[PDB]
Amino acid sequence: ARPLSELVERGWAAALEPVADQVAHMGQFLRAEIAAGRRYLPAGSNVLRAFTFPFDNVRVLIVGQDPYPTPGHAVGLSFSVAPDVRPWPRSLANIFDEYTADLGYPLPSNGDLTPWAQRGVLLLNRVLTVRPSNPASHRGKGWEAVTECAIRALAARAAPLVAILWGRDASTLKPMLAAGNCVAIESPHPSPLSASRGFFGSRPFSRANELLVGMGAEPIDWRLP
Ligand SMILES: O=c1[nH]cc(F)c(=O)[nH]1
Ligand SMILES: [Cl-]
């Protein structure tokens, strides 16, 4: 029970100012969900976690759909799990197969993507909560304006940005991001169902670095332990 500035990093609090009202609304929605006896993921204190790393250092945004639907998996950073979670969700296993294929680094030891978030990657979902076992259950309930505002804010900075958009809902952001300082990469989602359609082979990590370097920005260090 805090205002924006307390929920997110200082730069993000400034960026998300237009949606402070909407964030408060979403808190009221989630309260109502609990009152009704429906659950949501991730934990309340993690819902805005992706915005707890500096808005200024963001260079890449990875965007997915909505949080993992299995309790114990979603932690407020898209695609990430806690470092003691295994087996990994299949989407993450597929992401890590593409990581090794693209970059040649060893398979990660765990599924925690916190290093990426600490290095300038925004790990966003288009929708920031979900009911358990019910993927896409909070689509259309008010998060989209919040995540739109985030993206537009990033795209408005006088800095290079690369977006990696995984799946259909993320793909909706592409036109928003398209001024000349912003470059979006789009592919099918890494989940098993969709990955065969073009996630594998997409080389998003090396491509995003080629793009950053070509715009004069530092590349991302993608290495995971
Ligand atoms: O954070 C997420 N986990 C799983 C997904 F499939 C997705 O889109 N985002
Ligand atoms: Cl529920």
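Count residues from 1 along the sequence. Atoms within a ligand are numbered from 1 in the order they appear, just like the ligands themselves. Per the header of the entry, the method used was X-ray crystallography, 1.4 Å.
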Item to check | Main partner chain, ligand 1, name from UniProt | outcome: Uracil-DNA glycosylase
Checklist entry - According to the PDB, which drug is present at ligand 1? => result fluorouracil
Checklist entry - What are the identity and the minimum heavy-atom distance (to 1 Å) of the UniProt active-site residue of chain A closest to fluorouracil? => result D66, 3 Å
Checklist entry - Which other ligands and ions shown here have an atom at a distance below 4.0 Å from fluorouracil? => result none
Checklist entry - Can you list the fluorouracil atoms lying under 4.0 Å from a non-hydrogen atom of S78? => result 1 (O)
Next on the checklist: Okay, what organism does the entry have down for chain A?
Outcome noted: Mycobacterium tuberculosis
Checklist entry - To the nearest 0.1 Å, how far is atom 2 (C) of fluorouracil from its closest protein heavy atom, and which atom is that? => result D66 O, 3.1 Å
Next on the checklist: List fluorouracil atoms under 4.0 Å from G64, heavy atoms only on the residue side.
Outcome noted: 8 (O)
Item to check | Atom indices of fluorouracil within 4.0 angstrom of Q65 heavy atoms, with elements | outcome: 7 (C), 8 (O)
Next on the checklist: With the threshold set at under 4.0 angstrom, would you say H189 reaches fluorouracil through any of its heavy atoms?
Outcome noted: yes
Checklist entry - Heavy atoms under 4.0 Å from fluorouracil: which residues of other chains qualify? => result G64, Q65, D66, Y68, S78, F79, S91, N125, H189
